[PDB]
**Student:** 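Lab note: carfilzomib (bound form)/Proteasome subunit beta type-2 complex loaded, questions to follow.
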Amino acid sequence: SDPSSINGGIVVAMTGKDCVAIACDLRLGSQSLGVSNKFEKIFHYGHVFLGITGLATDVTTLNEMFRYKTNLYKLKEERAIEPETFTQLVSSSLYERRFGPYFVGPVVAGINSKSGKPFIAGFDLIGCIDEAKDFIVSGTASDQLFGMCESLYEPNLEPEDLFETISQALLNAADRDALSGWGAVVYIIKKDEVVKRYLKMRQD
Amino acid sequence: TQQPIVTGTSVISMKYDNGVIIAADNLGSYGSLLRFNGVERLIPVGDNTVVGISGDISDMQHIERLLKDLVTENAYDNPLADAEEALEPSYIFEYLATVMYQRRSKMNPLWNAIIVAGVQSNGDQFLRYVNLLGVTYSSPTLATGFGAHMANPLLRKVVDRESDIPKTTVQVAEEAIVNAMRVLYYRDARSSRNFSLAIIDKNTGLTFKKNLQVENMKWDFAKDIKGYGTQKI
Amino acid sequence: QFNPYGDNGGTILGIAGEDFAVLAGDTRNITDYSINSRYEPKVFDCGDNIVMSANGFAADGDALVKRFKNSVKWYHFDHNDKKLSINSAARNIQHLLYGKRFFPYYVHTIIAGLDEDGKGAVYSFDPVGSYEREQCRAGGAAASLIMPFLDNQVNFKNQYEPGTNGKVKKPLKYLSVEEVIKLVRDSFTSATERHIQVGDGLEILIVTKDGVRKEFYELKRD
Amino acid sequence: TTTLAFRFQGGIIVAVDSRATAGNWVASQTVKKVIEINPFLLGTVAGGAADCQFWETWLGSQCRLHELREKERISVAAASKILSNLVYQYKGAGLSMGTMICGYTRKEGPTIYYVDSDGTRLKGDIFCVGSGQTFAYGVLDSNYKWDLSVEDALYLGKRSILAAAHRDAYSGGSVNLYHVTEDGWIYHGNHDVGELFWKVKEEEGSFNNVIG
Amino acid sequence: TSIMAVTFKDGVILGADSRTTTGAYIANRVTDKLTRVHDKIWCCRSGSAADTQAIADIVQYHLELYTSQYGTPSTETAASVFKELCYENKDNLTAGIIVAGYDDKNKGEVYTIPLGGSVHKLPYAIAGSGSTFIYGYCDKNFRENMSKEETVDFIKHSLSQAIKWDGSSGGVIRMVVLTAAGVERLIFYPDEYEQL
Amino acid sequence: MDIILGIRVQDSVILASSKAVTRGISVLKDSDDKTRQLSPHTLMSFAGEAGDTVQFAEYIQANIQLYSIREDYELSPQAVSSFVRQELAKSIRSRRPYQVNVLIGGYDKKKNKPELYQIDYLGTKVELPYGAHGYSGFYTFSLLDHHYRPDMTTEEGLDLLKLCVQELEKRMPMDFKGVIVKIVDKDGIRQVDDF
Amino acid sequence: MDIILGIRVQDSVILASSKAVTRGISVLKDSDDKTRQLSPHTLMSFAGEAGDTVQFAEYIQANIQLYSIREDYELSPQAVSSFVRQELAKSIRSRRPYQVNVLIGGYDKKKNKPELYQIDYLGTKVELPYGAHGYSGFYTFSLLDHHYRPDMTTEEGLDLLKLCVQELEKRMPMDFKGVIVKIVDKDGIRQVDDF
Amino acid sequence: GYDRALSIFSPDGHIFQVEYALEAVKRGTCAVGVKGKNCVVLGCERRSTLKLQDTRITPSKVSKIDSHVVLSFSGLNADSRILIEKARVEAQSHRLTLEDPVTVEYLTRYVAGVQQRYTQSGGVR
Amino acid sequence: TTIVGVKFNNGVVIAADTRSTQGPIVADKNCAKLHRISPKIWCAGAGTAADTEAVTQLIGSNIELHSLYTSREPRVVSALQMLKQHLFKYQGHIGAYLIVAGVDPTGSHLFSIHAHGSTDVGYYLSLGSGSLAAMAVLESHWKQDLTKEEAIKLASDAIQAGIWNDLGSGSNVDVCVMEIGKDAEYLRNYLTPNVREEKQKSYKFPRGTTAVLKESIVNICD
Ligand SMILES: *[C@@](C)(CO)[C@](*)(O)[C@H](CC(C)C)NC(=O)[C@H](Cc1ccccc1)NC(=O)[C@H](CC(C)C)NC(=O)[C@H](CCc1ccccc1)NC(=O)CN1CCOCC1
Ligand SMILES: *[C@@](C)(CO)[C@](*)(O)[C@H](CC(C)C)NC(=O)[C@H](Cc1ccccc1)NC(=O)[C@H](CC(C)C)NC(=O)[C@H](CCc1ccccc1)NC(=O)CN1CCOCC1
Ligand SMILES: *[C@@](C)(CO)[C@](*)(O)[C@H](CC(C)C)NC(=O)[C@H](Cc1ccccc1)NC(=O)[C@H](CC(C)C)NC(=O)[C@H](CCc1ccccc1)NC(=O)CN1CCOCC1
Ligand SMILES: [Cl-]
Ligand SMILES: [Mg+2]
Ligand SMILES: [Mg+2]
Ligand SMILES: [Mg+2]
């Protein structure tokens, strides 16, 4: 009965040279029982990408909530929301439920369309912003991901190299966690093109 | 399974170029009550070792008796009891460390934190810690209780690593210890102004200083502090 | 109520080569949020070209190492100075640990050395004595950070041959002592960055047929 | 863990996974869960790693002492009962063991005994033990017949572990196969799930739930 | 805490130590536990620092609003407002407060308000953890209609002993004198009072 | 309430739900239909806490039927499953949550595709080729992983389902008194009377 | 371990014992014989805590067999039941008691009478015309109160027993996988293979 | 406890107590064992100086250890009861742990082991 | 965390480390704990990270509206009062431990606030897990009539004590100086004594190492 580790899952984000990458596993389970191997944890609103780990019902609820809020934002502002602004919106929304929180570990990733700067950020369940130059990790194998990223990462990686680093960080972290794995997806994000790749990993 | 009753607070210590310094206040607390004020918590063993003890005082007195008895037992059938086969700090420590771990393993611990400070026969500085759990470790500076949180930071500014030990004199080392004791008097609610200090030097031997007091304290600035925020009077 | 256990933190790491084996461990000793010692060694030469470390609760760790060292001594007395093989040492340690099955040594034990064919060997133990020979093992506080990195870099997991459509795996091969020490140092600097109980210093014990060599490296002290 | 062993026309199949966990932490992917007691006796291990290992390693010593004293290989019944009587002495102390003693003798023929840490001892033809036992049962029961060939039986045992390795989060790593005949046990290799899954998916056409 | 208030010939004197603790750690060694709710109505605070401050702030607000409408309040009125807060919120408060003030008609007055929220008017009052150790001393040495110098010595000697025995008390001895002359603050440092 | 299964095949969705209703040491009923028709081409099976299950099922049924009348139009299975998920997602943070797990089998007439959704009491929704709630999954998932193919017929799906029920009847501790099987396809919902 | 029944008729004692052995959510075995032959004309069925049951049954069996060899004589069912009761009566005040309930069906050759004894884990012994342990009694006792007659034949007793099993199969929550029936009479102990 | 070493070596390398126990066997009534192709027969002498005996209840010379093994003897009658009892218990203990009755060799080996233990245990003959 | 505040001649200085923890794991190695309430009122925060950020922004927002309403520069006592009353209302459930400092028309000020809503006044203060390490330095080296450069040195030394000796604190030292009659200067990463050493090896993989199943272009446009 620990909400954050019932369903399981992981998300990781990295910055590169004029690019960002965000990746997640595909497992959704009920403790030991694996239930779904198609449960994606990365969503996007315009060019801003949001990954969410934790309790799956809240992952779904928050996606629907941020789709809701970004749609109204765009109608009133007459422009797409930026990663820096979206990060603040996520923080606000989570802290609004301070004493009854969503059991999640969200991760924002994207490139600011005006400045062209790569941006990533992470949050705790009550909305504390964790900004980072290098990488953000989240999920049941966060310890594993921290260890992989801290050793494998180097600054200013090219999109094709960055893909290999983040993919190897996710895969080897997931294989040391019982509640994570069962497939994986990696988003490579450039200024005006986005490539989505499904990884081949061990299915146990 | 125990609970400590009459207790002693921080014991602090450090190495310097020729030996070791150790100190501990003369208080025997009974919860929040500062019950006993003439308690010696530094106990010399021979002329080359000082055992500083914190925690339960009844258990401290038991350990005193063990060390006292250890000196007696070592003298038996030992012509070199005051020479080559005299008690070393390392012998005294390992004995205590054995007892501490045996007692925790029987779920009936001696509720103490102990620092054995001394100088070996070959001139090497000895300074090692042991507690109720049987946990042992050594470092250029060692401290118990609040000493660990407040003294060690100050003593580590003087001797931060091994190479700083030859560079530290007895004058500088004692000054840091006496300063640390003052800070503990400011901030530890179960501490006293009166304390004892011991220096074990490889040349000048054992110097045991009793009835020391914390002095050169800063309290004058208190008169300017009014209220807790707004109040001007 | 009296709690007989404690957590002294730290982390250890064993890697086996073709004709050598390393057993590394940080020198930091802690309780809660305080540093007890910046240099307190927990990787020990136990004789017969066996190095050992029992990370976790230091008192239990020291007790175990002390007892195994003593087990090696009496093995010589009782069996005509015969060399205790690494496989025999491992089984002996299982019985030491399981002997206290109902009041365990709270430690993750790793030993390293050379097997009877002269090849590098690393054995790892859980607190109650289950053991397994491996090429690679991290133990202790930052084991979860280091271990997946070792899977990737030592055993080449999830690494395939370029251009083979993920069909041909990267072939397994032994690493040189130079390459292993690089992986150890990078593992510990990474662990130091992200784990508060890891830092101060790194001590590596290398075991070859010639004997036991030591190497020391500084780590971040924050 | 997931372990199974079933009896059939051509002897006994024994199959196990190789994962070891400490909570959600995957501690090992290469654990040996089949203990080779002698050329005619096998023991499966599931539950507490140390308990199983230590006591089944101890069981092998007791079986060796039997054949020294009695000049005859111990029966599967007697071997399993040594272990069950042992764990029964420790009942309530917290031992965690789910084991199966599989082997052949002249008087008994191929025999399987389920033994667990709360003292249960059962003779039977099919058993699955461990956190992923139900997943193994599902595949094994639905495809089991007494008249299976040695080739088909080996595969079914392998496929049943794979099924559990896939669904059960606390099972995986690799499949270790064994075949027990009148001439003794025969090892049939270590099969990594990393390669075996995709090999089985493609050739068998199963696992359509997974993104191919 | 160790706190006390003592009436005398010319008015009343409040006294307190300066120690604030979190367990055995001294969070503040120069605390001011003597606080103004009105010109010549003050209080000594013991118990929760948060609760006593929150209470004292509310009382100061009430007495400021009282003064704007009805003129200077009595010391009894101030003690009544303290009581009302302490009594009605007894389940959620840990506050032992001594109210002391100087009227020209009523001279020096001291009211003590323990945990329950009851009010007790007394010639002098002691409170806080360290007060236990000086009941004997204060009872034997207190006299009515003391002089200013005698009352200062009485409080100084009393709190000196309270501080000496109570680990939860220490630092400096603050005092506040309330008379017709005005309001005087006094401070006494360890080097003086310890060797009394 | 215990066993509810679901299998999506080529042209239909098949739901199997146990007939037993037990309380204490007594099987009170052995012919219980643990399902409600939400709309002509959408069926919801349910299992969980006593009372909550039927109360929730009928509440959903009422809401969907209300929508159908208002718009003179049938909601898609995807739309219905999203509505149901939100209701459970609200519920879990209520004073007293609905402890109900459901499977929603439906046939989308616009897409001409069968759809099976598995939603737990927390509001956790997943679209699946085959699904189950409770301890059933621990046997049926691995079995279906092996035997299931995506292009199967309804008759092949029923044989596949018989294989699940047989396994459950063999290895499950409790007697669940067989299952009521229902098929959802382009022609609506119908019940298999002989199973 | 769950269902053990016993019925004493005119010339025999009939014991019925369930075949299921369950642990967790898995029926590990469906052909388990929950009984031991203590002597040629005495049979003991058992049910209770895992491990304890068989350990206790075999321990009693060994002791009775030892007595038979020593004296070259078979103990009466009454004598055996008194021995068993005392062992359980000791057990209940031990560090770890045997959590085992038993039925002892026997044919006294000296009296030429069948005898059925019901003994619980506390060492509570009672001679009965019909007996049961666990939740079984809650259905079977009232059923036997109605249908049982003291002068019935073995065949009538088996039909009476079939009536109990049918009721249990209908109303019991758990699947106990049928029963093994054994008859104890003047000619000894034999098993009914088709039930 | 009575500790005395009663069975001990003599200068010539004999244990007299064991040899004097053999004399007691030599005094005892004759017993014979003959094994055929498909059977074994145990014959036993009964001295005829005892008339007015009750042969129904008098302990028989041949004793069943289990349903498949028998034990006859020569020597002290009271001593034989202790060996028979121990053998009978071991027979049931073997069935309990090995799930198989004792072999004749095993049962013999046990009984012989008991007899040996009494030749180098203190306080016993 | 470790945070401090030190008063000097013509103003006040506050400082903080930059470590953010998640159990024993370092989540952020360079997070900003110095918060701006108003231009010349700054706040150092320890405790629950979201709470310190949220409570400081809320009061900072209300201070801005109050400043516009009253046509006056905001006062530290106003921020102090609003914070303590908010924190007291939530009975410690909002785990914010703050050092509030700044300059205003009344002068220069230094306060601390605790989660339960109690406030303290002082010339030198320290909060957080490493407050004891910091306070030891402050008690040893503080004096009356400090200069600007002396106060920054003392403050950063007090933070360093926390960084090195407290496992809860680490990485860098942030400083903010608030002098009377001048603009407040926020010195982000004033000291950076914990720079990561060069890695022994580059772990840049050969392109095509990772096995891929599918590729697809994602549509971000309308
Ligand atoms: C499947 C995988 C799960 O059931 C199998 O059943 C396997 C059986 C194989 C290994 C023979 N079982 C396990 O992997 C078993 C699960 C388990 C754990 C604990 C109790 C019962 C069952 N895992 C273990 O036994 C692990 C094996 C290690 C990781 C190699 N050991 C532990 O978890 C140990 C010992 C547990 C223990 C038992 C009895 C008394 C005291 C302790 N515990 C730790 O290492 C503690 N922990 C590890 C993480 O780091 C912090 C300390
Ligand atoms: C003497 C010292 C004792 O009576 C005085 O009465 C003074 C009165 C002055 C300050 C007005 N009292 C205190 O110093 C008071 C003692 C106290 C403690 C707890 C409950 C009641 C009274 N100390 C405090 O109020 C401190 C002041 C802070 C540190 C600035 N607060 C704490 O100790 C908080 C109190 C939490 C609380 C509990 C119940 C009601 C209200 C508040 N305690 C902690 O933060 C606990 N801390 C957590 C980390 O582990 C160490 C303990
Ligand atoms: C020093 C560094 C203390 O160690 C400082 O005091 C800093 C203060 C700075 C950052 C402002 N304190 C922390 O970094 C603080 C320590 C802490 C942890 C837990 C409770 C209180 C204090 N860390 C945090 O607040 C982190 C911030 C992250 C790294 C961005 N947050 C968490 O650890 C949250 C705690 C949230 C919380 C909820 C309810 C009450 C109190 C706190 N914990 C998690 O997110 C853990 N878990 C992750 C998986 O999802 C389930 C929750
Ligand atoms: Cl205060
Ligand atoms: Mg995994
Ligand atoms: Mg798995
Ligand atoms: Mg004091």
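Sequence lines set the chain letters: A, B, ... in the order given, protein chains first and strands last, and positions in each chain run from 1. Excluded from the calculations below are hydrogen atoms, water molecules and symmetry mates; all remaining heavy atoms, backbone and side chain alike, are included. Whatever order the structure lists ligands and atoms in, that order sets their numbers, starting from 1. Only a slice of the deposited entry appears, and the contacts counted are all within that slice.
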**Student:** Report all copies of carfilzomib (bound form) by ligand number or chain letter.
**Tutor:** ligands 1, 2 and 3
**Student:** What other chains contribute a heavy atom less than 4.0 Å from an atom of carfilzomib (bound form, ligand 3)?
**Tutor:** A, I
**Student:** By chain and residue number, what forms the binding site of carfilzomib (bound form, ligand 3) with heavy atoms closer than 4.0 Å?
**Tutor:** A:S4, A:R98, A:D124, A:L125, A:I126, A:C128, I:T1, I:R19, I:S20, I:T21, I:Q22, I:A27, I:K33, I:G45, I:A46, I:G47, I:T48, I:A49, I:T52, I:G168
**Student:** Got a sec? I need the residue and atom in covalent bond with carfilzomib (bound form, ligand 3), or none if there isn't one.
**Tutor:** I:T1 OG1
**Student:** In chain I, which UniProt active-site residue has the smallest heavy-atom distance to carfilzomib (bound form, ligand 3), and what is that distance rounded to 1 Å?
**Tutor:** I:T1, 1 Å
**Student:** Tell me the name listed for chain A in the PDB entry.
**Tutor:** Proteasome subunit beta type-3
